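Depicted below, diprophylline in association with O-GlcNAcase NagJ.
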Amino acid sequence: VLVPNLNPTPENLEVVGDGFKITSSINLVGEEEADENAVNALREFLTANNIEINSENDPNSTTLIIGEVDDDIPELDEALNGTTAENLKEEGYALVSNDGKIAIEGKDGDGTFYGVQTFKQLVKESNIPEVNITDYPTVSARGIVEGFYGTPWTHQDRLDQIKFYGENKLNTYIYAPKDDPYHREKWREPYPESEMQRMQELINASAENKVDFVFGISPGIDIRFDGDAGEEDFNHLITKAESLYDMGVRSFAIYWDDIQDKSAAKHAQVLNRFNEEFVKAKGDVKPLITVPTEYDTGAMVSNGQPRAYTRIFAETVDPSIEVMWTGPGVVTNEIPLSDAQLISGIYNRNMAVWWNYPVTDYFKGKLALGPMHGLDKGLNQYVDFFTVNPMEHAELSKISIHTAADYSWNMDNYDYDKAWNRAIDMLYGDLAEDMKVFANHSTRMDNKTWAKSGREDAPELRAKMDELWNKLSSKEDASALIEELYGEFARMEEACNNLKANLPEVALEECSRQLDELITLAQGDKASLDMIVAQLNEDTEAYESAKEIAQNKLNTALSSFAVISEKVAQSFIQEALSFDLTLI
Amino acid sequence: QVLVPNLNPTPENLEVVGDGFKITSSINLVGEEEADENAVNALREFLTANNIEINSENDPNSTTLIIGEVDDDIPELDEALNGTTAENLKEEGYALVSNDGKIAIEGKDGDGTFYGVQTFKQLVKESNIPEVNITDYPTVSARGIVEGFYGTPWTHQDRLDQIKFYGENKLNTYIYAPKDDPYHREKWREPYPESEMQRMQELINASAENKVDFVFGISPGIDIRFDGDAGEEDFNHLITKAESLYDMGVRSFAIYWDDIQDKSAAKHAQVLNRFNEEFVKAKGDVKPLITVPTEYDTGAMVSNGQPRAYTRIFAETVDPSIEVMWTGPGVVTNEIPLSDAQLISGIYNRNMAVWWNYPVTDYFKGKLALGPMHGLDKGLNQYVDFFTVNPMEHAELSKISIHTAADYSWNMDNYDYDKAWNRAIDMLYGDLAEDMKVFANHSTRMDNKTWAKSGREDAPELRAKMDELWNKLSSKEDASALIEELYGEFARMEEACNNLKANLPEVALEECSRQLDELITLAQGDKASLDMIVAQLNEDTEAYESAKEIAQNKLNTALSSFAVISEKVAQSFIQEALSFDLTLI
Ligand SMILES: Cn1c(=O)c2c(ncn2C[C@H](O)CO)n(C)c1=O
Ligand SMILES: Cn1c(=O)c2c(ncn2C[C@H](O)CO)n(C)c1=O
């Protein structure tokens with residue numbers, strides 16, 4: 001009857017009935033014409049939900065019909081009842097569930113696979129609402145770049161991530177882990193046979209999930225440009241790219257982010273020649289991706305104009321090349337429309353975004369657990385390619401990555417708070433509410449210098465703390481608010497204890513120190529209220545006791561590796577410690 | 001060529017007219033018999049201290065000093081002034097001309113004469129005086145200090161010393177309301193017993209001798225009754241308390257409502273009105289009554305552009321002659337912009353009195369407030385004619401900020417807070433001034449993280465250089481030169497503080513010893529932070545871990561100590577460095 005949480009939000013969805021229960025066995029129509037990856041995804045779903053396939057038809061049992069628009073299948077047409085994927089953009093699809101029948105029509109193969117993923121999300125306990133849906137992405141390339149420093153994702157993390165992207169309609173995965181010598185330290189060298197199977201597994205998994213596996217080369221460590229050596233090194237770049245092509249790689253990136261020979265003309269020459277001699281020569285390779293040595297607005301621009309390097313790079317690099325930038329800074333609050341317009345103007349095309357959130361390599365004590373935040377909802381005007389750099393913490397990165405999927409697939413309707421709530425609801429099931437209490441305190445990233453991004457920590461509790469100080473300093477009665485805040489702090493502690501006892505090991509292993517840290521702070525916040533109450537009661541012994549406890553809790557948090565809620569739970573203790581009620 | 005020395009306050013009008021001259025070891029004194037008595041005593045005190053004798057009979061070889069008031073008939077004074085005059089200046093005004101062996105001081109009144117002397121005292125260095133024409137007068141009529149801080153009281157000797165300091169800097173108001181004198185609050189009805197008489201007399205006499213109005217602060221809010229027979233008894237107690245003070249020589253009074261448990265605006269106002277009528281008006285020689293209403297900062301007084309009930313009623317009831325104090329937009333606040341003064345003064349339909357809560361540190365005692373008057377609108381005088389600051393329990397170090405309040409209130413229009421700050425330290429600390437500046441520069445900003453904050457930011461130039469260090473490092477720009485420069489600043493900080501520890505007089509050192517040790521610790525931690533950065537640039541892991549451990553111990557020592565200084569600068573720098581991972585830029 002009711003529509004389950006969906007992610008991404010589909011473009012068009014209307015409830016057209018009251019839904020029905022899918023029978024224990026079903027009629028499968030189109031299984032041989034439809035996209036193989038979509039059909040394999042469907043079969044895996046039905047198999048896991050104990051829904052058998054009928055070898056012969058039966059008007060009683062539910063009928064599921066699947067295929068592309070370019071297929072002449074009139075059963076699909078009949079089931080679709082007008083609505084079609086014919087005029088939708090790439091990766092788009094139509095889905096109709098109406099009395100005992102579900103029709104999935106992709107605009108293409110990719111689109112068909114996405115139709116299935118939505119279907120999977122619509123079904124609960126063999127029940128499905130009945131709706132009419134047409135859907136397609138706001139932006140063409142949506143995904144993740146594995147560009148963080150620190151402990152690398154394991155082979156199993158990547159495989160799991162790859163499936164998670166497919167399931168959320170993310171179509172891009174840029175493979176450039178700092179731990180793989182063949183992306184950088186041995187960039188010339190083709191993969192040895194002893195590495196071939198691992199790579200093949202990533203390449204295959206990506207393909208079966210409609211994910212573009214982008215191989216990222218950073219030749220900057222030692223590439224040469226001039227004379228015979230430059231020629232040799234260029235040929236090695238070709239050599240390497242085709243050994244990868246022979247494994248099935250069809251997307252490439254070349255990074256100039258870390259080179260010291262800051263020569264714009266030479267960087268772009270290598271890109272242009274690679275583009276001619278490889279990308280275009282092959283015909284089925286996707287547009288070349290690049291990161292220029294200047295890759296954030298502050299490094300790219302002075303006074304509304306490009307700097308020397310960026311001016312030359314933008315003038316030299318072929319228009320068919322995806323150029324990545326990070327926004328106004330490497331790690332920064334926002335990408336407002338005006339920033340995208342500026343950089344897009346300079347490069348005379350739609351840009352690619354490398355968004356350093358929720359990555360935490362620069363401030364590892366803190367987990368980044370908030371939604372996409374600060375990215376203008378009109379960005380698609382100037383951006384055709386959107387990626388996020390995640391944490392070394394693969395599992396917990398799913399919260400933020402989940403909201404990125406929504407932002408990039410349905411940008412105009414993206415609401416960061418509802419997206420954030422939905423991500424945790426869909427990922428954490430019965431522990432969703434407790435996870436929210438904890439994660440609410442861990443959204444803001446800030447290394448106290450050059451790197452800051454994210455939604456503020458626990459903003460509503462922050463507003464309440466502010467009101468307590470106003471009331472106390474204005475001689476107004478705060479007894480009801482003090483009471484409310486004790487409730488807030490007890491609830492922080494309780495939720496974190498719950499998460500400790502009940503979280504899956506795969507999540508708990510990423511966040512146990514931060515859980516303890518939040519508990520410590522909740523206990524200090526409580527002791528801080530005790531100080532205020534002692535001063536209102538003029539009780540010197542109760543004050544001194546609360547004060548030593550509050551101070552100890554704060555000292556524990558400060559010296560601990562884990563970091564959380566700095567401006568809210570932690571700062572509150574310092575505010576209370578410096579507050580002297582006797583002065584008014 | 002004798003240059004003009006530092007002067008405080010900055011005189012309204014000063015023109016250098018000659019190259020200056022030497023004041024003989026013996027001088028001719030002309031007018032000392034008709035001129036203001038306190039002014040003359042201040043002059044003799046100065047002459048004596050600088051081994052300058054007074055000629056018994058005229059001697060045409062000697063420097064001639066002529067002193068008097070405008071309405072005094074002295075032909076030598078008129079001749080020496082050569083057209084310059086104090087005749088059309090406001091009260092406390094005076095003229096001073098030093099020209100060719102003659103120094104003429106003409107006050108518009110007795111107070112102005114005294115202040116002419118104070119300027120003369122500042123003009124003379126080693127018997128040399130510049131040749132200048134001066135006409136001078138204050139922007140604001142009442143300038144001074146309220147002893148209104150919580151904490152350890154000023155001693156009797158601190159107060160006597162403060163009063164003399166006010167006289168030298170032309171501050172004419174001292175509001176005596178120490179929390180720890182019972183007769184001010186806990187025993188407000190009771191007149192001073194015989195045991196306390198000498199002590200009170202000394203303060204009153206020292207104030208008068210220094211042209212300082214000694215305001216007695218009464219806080220009856222503790223237990224004053226308003227209705228019926230008890231209300232009548234308490235009002236008569238107020239009257240008999242005030243006349244016992246009057247008999248001791250007190251001519252200024254403040255009555256406070258800041259701490260009363262009710263908000264009975266009409267009753268507060270009627271007590272003042274009646275006191276005004278039966279005492280202030282009746283005596284004829286009592287200055288305007290001073291009050292602090294129960295709501296005394298804009299936040300407590302105003303809601304949506306309009307007075308709150310208490311304020312509206314108090315404003316409606318209180319007599320127009322009464323001085324009403326407010327502290328600005330908050331009790332302890334960054335600024336009083338012109339608009340705030342305009343709003344409150346409009347509500348009260350009168351020129352307001354300011355109770356400015358800086359350099360008071362009672363709400364964050366680990367930090368010394370060593371900055372200038374900061375955030376006060378330079379056109380505030382349009383709406384304000386009474387300016388006081390609430391200082392620290394630390395009487396000696398309060399002089400830096402008070403010195404700047406003297407200059408802001410006497411010469412408001414030309415007040416430059418950086419220059420006033422520098423001049424305050426130069427004039428107070430002599431040979432240790434440059435070192436004192438290094439230290440005090442890290443201790444101007446007050447912030448308890450909640451309701452209270454005010455003052456110039458700590459060490460802003462250094463803060464801008466630290467910012468630029470992180471900009472360079474995160475932009476992969478070479479930072480060697482800046483790093484070297486910062487090593488120099490941190491070494492300077494430590495060396496200034498060590499010299500201060502060794503050479504500060506005990507009266508100053510006593511108040512700042514812990515803060516000195518704290519700045520040294522922070523400086524050492526700052527140096528260690530640089531060593532961390534350098535070790536990361538050199539890819540030296542062992543050098544990194546060793547610098548880091550020092551940085552963290554220095555920071556930890558700073559955080560756990562009572563003393564607080566340079567929170568956003570020297571202290572924050574270490575935390576910034578500890579959170580920065582250079583290995584990934
Ligand atoms: C634009 N860009 C990055 O921002 C980046 C990177 N490797 C790491 N980062 C950013 C880092 O994760 C933020 O601390 N690479 C290889 C990159 O090209
Ligand atoms: C306007 N006002 C004050 O601001 C004040 C005060 N006693 C203390 N203060 C302020 C305090 O020193 C700052 O914490 N009194 C008695 C007062 O009238």
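Letters go in sequence order (proteins before strands), and every chain restarts at 1. Just the heavy atoms: all of them, side chains too, but no hydrogens, waters or symmetry mates, feed the values below. This entry, so its header tells us, was determined using X-ray crystallography, 2.2 Å. One-based numbering, in listed order, for ligands and for the atoms of each.
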I'm curious which other chains are hanging around diprophylline (ligand 2) with a heavy atom under 4.0 Å away - can you tell me? B
Can you list, by chain and number, the residues with heavy atoms within 4.0 Å of diprophylline (ligand 2)? B:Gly148, B:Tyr150, B:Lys179, B:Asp258, B:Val292, B:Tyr296, B:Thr327, B:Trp355, B:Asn357, B:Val360, B:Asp362, B:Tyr363, B:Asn390, B:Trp451
Minimum-distance protein heavy atom relative to atom 4 (O) of diprophylline (ligand 2): B:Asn357 ND2, 3.0 Å
What protein heavy atom lies closest to atom 8 (C) of diprophylline (ligand 2)? Include the residue and the distance to one decimal. B:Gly148 O, 3.1 Å
I'm curious, in chain B, which UniProt domain holds most of what contacts diprophylline (ligand 2)? GH84
Any idea which atoms of diprophylline (ligand 2) are less than 4.0 Å away from a heavy-atom of B:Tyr363? 14 (O)
So which heavy atom in the protein is nearest atom 7 (N) of diprophylline (ligand 2), and how far is it from that ligand atom? B:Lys179 NZ, 2.9 Å
For B:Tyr150, take its heavy atoms, then give the atoms of diprophylline (ligand 2) lying under 4.0 Å from any of them. 8 (C)
Nearest protein heavy atom with distance in Å, relative to atom 1 (C) of diprophylline (ligand 2): B:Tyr296 CD1, 3.4 Å
Give the residue, atom name and distance (to 0.1 Å) of the protein heavy atom nearest atom 15 (N) of diprophylline (ligand 2). B:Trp355 CH2, 3.3 Å
Which residue holds the protein heavy atom closest to atom 12 (O) of diprophylline (ligand 2), what is that atom called, and what is the gap in Å? B:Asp362 OD2, 2.7 Å
Close-contact set for diprophylline (ligand 2) against B:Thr327 heavy atoms, below 4.0 Å: 1 (C), 4 (O)
In chain B, which UniProt active-site residue has the smallest heavy-atom distance to diprophylline (ligand 2), and what is that distance rounded to 1 Å? B:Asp259, 6 Å
UniProt-listed protein-binding residues in chain B closer than 4.0 Å to diprophylline (ligand 2) (heavy atoms): B:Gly148, B:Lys179, B:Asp258, B:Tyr296, B:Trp355, B:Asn357, B:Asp362, B:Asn390
Relative to the heavy atoms of B:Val292, which atoms of diprophylline (ligand 2) are at a distance of less than 4.0 Å? 1 (C), 18 (O)
Report yes if some N/O of B:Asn390 lies less than 3.5 Å from some N/O of diprophylline (ligand 2); otherwise report no. yes
Number the atoms of diprophylline (ligand 2) from 1 as they appear, then name those within less than 4.0 Å of a heavy atom of B:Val360, with their elements. 12 (O)
Contacting atoms of diprophylline (ligand 2), where contact means under 4.0 angstrom from a heavy atom of B:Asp258: 15 (N), 16 (C), 17 (C), 18 (O)
